[PDB]
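Co-structure: (S)-(-)-nicotine and Neuronal acetylcholine receptor subunit alpha-7.
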Amino acid sequence: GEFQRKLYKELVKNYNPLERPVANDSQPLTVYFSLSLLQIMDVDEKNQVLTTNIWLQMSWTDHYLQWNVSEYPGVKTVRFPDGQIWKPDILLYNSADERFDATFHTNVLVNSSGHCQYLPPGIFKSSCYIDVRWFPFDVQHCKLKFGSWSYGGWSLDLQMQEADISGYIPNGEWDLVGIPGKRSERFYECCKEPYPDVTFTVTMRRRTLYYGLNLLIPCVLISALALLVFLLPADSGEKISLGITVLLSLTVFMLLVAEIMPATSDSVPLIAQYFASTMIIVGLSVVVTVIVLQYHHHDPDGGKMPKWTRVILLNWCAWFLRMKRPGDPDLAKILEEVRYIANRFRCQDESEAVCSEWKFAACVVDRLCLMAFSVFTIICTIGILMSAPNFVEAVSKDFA
Amino acid sequence: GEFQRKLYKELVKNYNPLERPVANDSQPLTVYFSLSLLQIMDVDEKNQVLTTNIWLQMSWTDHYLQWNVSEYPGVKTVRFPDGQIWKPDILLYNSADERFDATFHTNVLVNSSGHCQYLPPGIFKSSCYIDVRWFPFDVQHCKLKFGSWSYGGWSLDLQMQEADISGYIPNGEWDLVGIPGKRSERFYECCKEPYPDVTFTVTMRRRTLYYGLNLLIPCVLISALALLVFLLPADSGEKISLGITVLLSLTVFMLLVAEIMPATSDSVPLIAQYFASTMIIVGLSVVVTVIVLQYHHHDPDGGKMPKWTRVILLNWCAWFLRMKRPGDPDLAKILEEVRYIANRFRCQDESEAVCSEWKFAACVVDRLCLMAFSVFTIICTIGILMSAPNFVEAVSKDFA
Amino acid sequence: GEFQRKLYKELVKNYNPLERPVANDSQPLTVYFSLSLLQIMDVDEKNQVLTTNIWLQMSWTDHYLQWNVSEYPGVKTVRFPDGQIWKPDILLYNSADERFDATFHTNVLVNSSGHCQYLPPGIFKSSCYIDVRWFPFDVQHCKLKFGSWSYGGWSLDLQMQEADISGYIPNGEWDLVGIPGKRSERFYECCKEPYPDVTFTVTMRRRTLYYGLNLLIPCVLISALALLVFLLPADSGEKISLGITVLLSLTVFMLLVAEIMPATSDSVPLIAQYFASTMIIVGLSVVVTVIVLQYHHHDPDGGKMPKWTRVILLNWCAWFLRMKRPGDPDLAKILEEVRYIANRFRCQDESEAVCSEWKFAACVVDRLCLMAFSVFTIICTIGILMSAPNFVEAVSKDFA
Amino acid sequence: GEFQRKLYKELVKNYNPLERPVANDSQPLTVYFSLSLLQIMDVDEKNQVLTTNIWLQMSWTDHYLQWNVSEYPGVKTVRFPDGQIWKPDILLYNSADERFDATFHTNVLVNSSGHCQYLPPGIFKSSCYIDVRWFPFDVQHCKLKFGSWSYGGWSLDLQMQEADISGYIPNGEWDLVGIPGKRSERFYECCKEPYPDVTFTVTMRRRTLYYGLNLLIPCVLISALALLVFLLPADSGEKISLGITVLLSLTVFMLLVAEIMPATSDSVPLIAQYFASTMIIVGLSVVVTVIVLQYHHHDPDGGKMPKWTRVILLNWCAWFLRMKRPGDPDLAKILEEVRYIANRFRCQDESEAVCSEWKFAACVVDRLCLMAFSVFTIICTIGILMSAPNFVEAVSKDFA
Amino acid sequence: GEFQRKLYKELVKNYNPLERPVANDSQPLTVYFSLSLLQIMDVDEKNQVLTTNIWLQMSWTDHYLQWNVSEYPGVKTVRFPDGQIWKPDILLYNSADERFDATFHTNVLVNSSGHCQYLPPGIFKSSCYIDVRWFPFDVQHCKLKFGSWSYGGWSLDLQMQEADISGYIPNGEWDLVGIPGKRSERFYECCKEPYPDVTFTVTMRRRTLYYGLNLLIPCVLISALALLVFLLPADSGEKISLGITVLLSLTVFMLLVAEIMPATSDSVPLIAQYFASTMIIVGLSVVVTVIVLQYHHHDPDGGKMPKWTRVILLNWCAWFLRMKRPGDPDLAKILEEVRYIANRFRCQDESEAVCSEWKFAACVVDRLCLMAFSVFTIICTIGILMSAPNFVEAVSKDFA
Ligand SMILES: *[C@@H]1O[C@H](CO)[C@@H](O[C@@H]2O[C@H](CO)[C@@H](O)[C@H](O)[C@H]2NC(C)=O)[C@H](O)[C@H]1NC(C)=O
Ligand SMILES: CN1CCC[C@H]1c1cccnc1
């Protein structure tokens, strides 16, 4: 319209985008800054980078861009692109994007009295410390620091407004505990003037159903399956195969776990402790199985069972576990030959009895170690899992 | 020509590209918006991003860009590049691209009476919720929300038109169901003026032939092979090794499947339930194999067969399964020797009888568990596979 | 020089880069379009994207860029950069690049009579359907569709010229069959004016030496090795281990091939059919091995061999394979004791004979299944490989 | 300063950056072109690209940018940024980057006498054919082609200078042999105008210590370990597991090497034929092991051993291999039973004496195949490794 | 404000952003350069690049941009954007980014006396040589080389200020040691003028808790478990299975380690030496196991034990290891038929004695090799781990 054209022509006369729009030069310009979170796109733990979608909110007052609406009956607000108006240089300090600024430059909407709004959208990638000590039951706090780059405290007065989460779209993996903000003032080695900034601390909680049913339960099941090696009879020579293949499955699971975790040396993660405990238990079970097989195949005349071992294994541990241990001239020549055969059979019977005793001792050791290893596995698993904080509330929120 | 040159020179006289091309400033400007889909290029479930190829269609009326064809006989339409004509700032709200605007700026074609058309092509990436509860028999609805950033409802009148899919190129993995659209207007915390927007909901269905052939058939066949352990004689030791190798194969298949799936905790996927059921069945098979092996290698004099075990296995189940039950002084001194030899043979005889009885019990247990596990696996796989909605439709559309 | 400076000053006088350089505003402007292929950079089958290196070739005639060479001695050609003279807005419709234009804007060479040439180099990513039905003996036709975006048939008359391949650099994996071109005009839902375009079809063939030697032959030897299970004697307990290990290796190969191929449900790939056949054969071999082991370890007193089973296995198949089937009062007490031992030995001998007969039947079944499986796998592999079209051409070209 | 301010004001007066700075328009402009390499950042064989760090060097003479130093004391050189003075359009033809140009436009430094110098830096990404025939002992020649895009020899005649490698930073994998340059002069069919271009050939030699220590040596060790199947006694049923597990390790190594290799079908690479030979050797070892196991477990009465098998294995191969051949009325009825028992024992001993011959034949075949396979693997490995032309150079430079 | 509006109008009057802002053109302009480090974002060992977050700091003095604060009250500083005032062209030579300059162009702040400050932020990708010989216990020195591109001695002399690390954010992987810098002069053959540059050497120490808990310890544990083959009785067919399964775990773990190393042939890394040592240890263990099994299953009448072998393995080593050495006519017919049985039993007994001697010799060999390998592996591991510098500091810092 003619009035719009006239206003647009009159508004830009003698205007200078480099100038701060203040009536008095020695007074700071107040700028209100706020943030609107729409979605959390990614939390990369290996690279420790948070990718979110946010709209910035910058509102201030322009002294020159004012007019009387009576003289311009139709128009009420105007709009200016980048480069034709003065804008604050609000930047994210801890950005991780290759381009340090990742905001789409939209229009600035101007009031009939000079008020200016600026709502640029953006996919922001920032670097925040990520703690994996209590993984997967962890809670993360990532900071977002915004501030003016070249305007101090005596030039641009930054004020904070509470963040907006009405448009938030819930994420599948991460809950949103919340985003509080605070305004701080700092001194930099460059200069001798305070530089205010606004920091929003996004606090999220990880939902644990996926990891719990994909990574924890299989490990428990395989660890419990590794205990069947103590139930197999020694004659069926397939004990080392069982133990070593369970160990192989466990170590490939360990590699799968480690491929998604950053190589930080602050502390030992909970799942790392879990996998170490499972590794140790399976290795000890393999060692015990080797000892049991050594007992089972003992050479009957190789040696004698020591008295202490005989007592401990035969009369005490069997009592504990309620196990019962099993069990005419020509005539003389024929006589001595059949006597020789009978003596040979008697010696064979004694050797068999000794072998049976050794086999029973092996079975007793096997059962005792089965009981001990089951108790160890249960106690270690329960302790490691319940050591983490907020585990109860994570379980209650996710699995129930 | 001279007419074209003069018309271009005249049409830009006192033209401000910063004003809405309207005759009456109070009245809004109507802009017709539409979309033209060309190809659905990618659907990333892990990152939950939809990548498509679309042409936007914007149509409006410019009041200043009008002329008489009689004065310029040759010229009928003109073309204005980016930055020299007023264009709506319509963009995608939910964009998952590093640059928030992924459209290609092209010329605007202008009528002889002020009708401007704008057809910018683009490769658009958006973030939409991906539901994997019914993988692979799932249907996805992804929303594209377009709107003007800085023009409210009192200055811009966004009117929806119907999407065009006449040039759509079918995809080899996703079968397009449709793409309806709807207009809405919302209130934002920024301001006190309604803002309209247009949302197009792409509804698509996944073709399941590839997944059904490459992922479900191998698992079914491998689980069926896992049931061969109950048909394997216990004399040859190959049962534990076979079962554990099948377990390893299931583990690698599970990791391969989980490599491509989102780590969400909204619900337990159907494929995850299927894999868990198969894992449990194979683990129970290994446990039963251990029990049968322990029964078969039972030492003869190490105990007596319980009456309950006898009455459960040796008679009842054998009847039900129709398995037949398999069954001068020297003239003195030589006599006790031959009696000793005969008695030793007799003792060996009834020991062998007891061992044969135990082996028959083991065979009975093997047959029982074979039947039970076959029934269980068939029921479980059929129920899990058929529990998903629109599964018969997917089968009848892909396989037949 | 002075003449060059004068000419450059005169040419840009009153020149508008927005108008079509035509003497008459009604007649269309003829533009000659051509392509120069340099290399086939990539063919992503999984994403279905063709990346090529090409020089476009646009030629037209400009009415305003003319001068008399006599008045400007020495200068015979001028050059104008991007944004100072009119250029066609020719784009690639099938672009899969994040930016719809992947051309490098070079200079425009202008004649002494107004003939303008424009050869912008570029690396182009386009979307074409990659058929994988006959992997790896397949031929691909990928389309590159170029056209003007905002100029209709009444303004820009597009013309086609034969593509140039004189600078083609041969690719190590693809053989260029050819690159024909066609010109068509289509009607779009936007407007009521035809829009001409030029489509170039790149037809190329895949060389099948790498795949044949790395992926098909090793599977053939693995399948052949799987047949050795029908030669191991049953006493050596390794048949199940061999079969299951071969099956695991085949599954690993299956995952390796599956991770490069698209997830399309359009058709069943030939390689998928071939691997499915190999896996089915191996599984059937494992089942047959289980049956043979069950026959071999038969209880001597379990059950008599059926008459039909005897008359078949021990006679018909036995003759077919030309294998022959193997084959004083104390004196009374002494006699009665010796007779019992003799009778026990006789019973043992008869049981041994029965066991030997069962083992011979198992061997017969083993050899019969060996012959059957070898024939079946040979014919299946030959048929699947030979079913592909141009298989003979591919093998001849890539091997001989 | 005022002097350089006045100089800058005077120089750009009536200056056209589109004009070729030559005093005489008929004469062409001499441009000296050179390259300075700093680093071979990457050599990708799968994608066949070369990434290097390069400073270009362009030198020419300007006719209008000249001044007298006496009139402007203290000013000897000036500097002009991109887009304000004429610059050559030299480009790299065989580029492999999404943007065709990969240079960083720096300033142009200018003489007091008009000689212009220009040194843009860049991370250049070109495409060259990477031969892989003699991998790892391969030498690569990659060509960089530079030329003007729209200037001929009667407008701009390119010259040469030797490439500078004084600042080259040695790479840890590739050894630089040289960077020779060739100046090509192409003629068209229309015109006698030369067209000069400059091509630089980077010659690189791969340092093979890493590959020879991580791929060749472990494969040799595992293949040698695979030869122990001919040393294991057949009684311990573990002759098949060794071979199958070694074959699985070989397949894993083949997958590892195939992950990094291009899919070109130009020739069979050295590492590929090496792994094929090892595959064949292992498979033949498994077949021989099956034959030996068949010999060992022969039935005692399943058929007389062939005369040829006797006369060869038991005599000739035994002589060669220096292995020796290992090795009242009731009283009559009592007599009959004792004779029966003795005859049974005689028959058992005679039958047992037959199996010893089969076991000895198995041992003979085992040792003979051991020596044969040792010779085979040694010959194949030595020949395949020494077939490369650079083997001696590589082993004398890297390992020594 | 009117004062700053007038000041901004006055400052840019006759200002040329091309000339060097110095009062006397014969004197160099002093520029102070430094940087502030914020974070070490990534250290890529495979690609040999270093990603850091850095704020440059360049300060100088401008002769023209000066004013008296009395005439413009309330205005103390001004801000100019890129392209409106002169700035140094300081770049980083070691850049590894696609765009050579990765800095972000912010405003330049000018005081009342003409002092100019410029602090652009950036994420810089440098290319520094990474020495991986002592990995994990590694210390890295990475150089950043900053300098002007087209300014020399009497044009611009660069001066150093100390780097600032007061804002450094600790990394969980690398422990920063220091960032010492150096100002260096390069002299040309042209003329006596220094060319200054500034080099900053970042020294980082890797924190080795993650690697020591994920690579070294599990390798030690599995290698120790590989020694259990020397405790398994030979009667259980699992020695080869144990050894080769441990070998498989070792080789897959080696492949994982090689996935993260760079393919540099300058030196052999510590972890590679350790893995090779474990390879040889396990292979020799397998060979010894084969020899022991060969001794165990020796034919009783296939050859007497050599005298040397007897004296070595039955007296000397047995006393060393303290192993006990393990454990009417018819009557004539009866006599003859009984003597046969008696003599056969005696022959069986003596053959059993020979077999027992062979088995005891095998056990002695097994124990000897157990002790030898147990010493060897400990010695090799301790030596390899302790052969690295700063190992004691690394453990005492990371672990304790
Ligand atoms: C404008 O800013 C500069 C910042 O360097 C001031 O220069 C410093 O001023 C302090 C105060 O006397 C001195 O201690 C420093 O030695 C100065 N630095 C240098 C390199 O000279 C400068 O004084 C300020 N000018 C005005 C009018 O405020
Ligand atoms: C044929 N052109 C290219 C695609 C749409 C169509 C068009 C028509 C009018 C204005 N812009 C584009």
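Order of the sequence lines fixes the chain letters, A, B, ..., with proteins taken first and strands second; residue numbering starts at 1 for each chain. Atoms considered below: every heavy atom in the structure, side chains included; atoms not considered: hydrogens, waters and symmetry mates. This entry, so its header tells us, was determined using electron microscopy, 3.0 Å. Start at 1 and go down the list; that is how both ligands and their atoms are numbered.
- Looking across the whole structure, one can locate (S)-(-)-nicotine at ligand 2.
- Lab note - other chains with heavy atoms under 4.0 Å from (S)-(-)-nicotine (ligand 2): B, C.
- Residue list (UniProt Ca(2+)-binding, chain C, heavy atom under 4.0 Å from (S)-(-)-nicotine (ligand 2)): C/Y188.
- For chain C, no UniProt-numbered transmembrane segment (first one at the N terminus) brings a heavy atom under 4.0 Å from (S)-(-)-nicotine (ligand 2).
- Binding site of (S)-(-)-nicotine (ligand 2), heavy atoms within 4.0 Å: B/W55, B/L119, C/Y93, C/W149, C/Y188, C/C190, C/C191, C/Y195.
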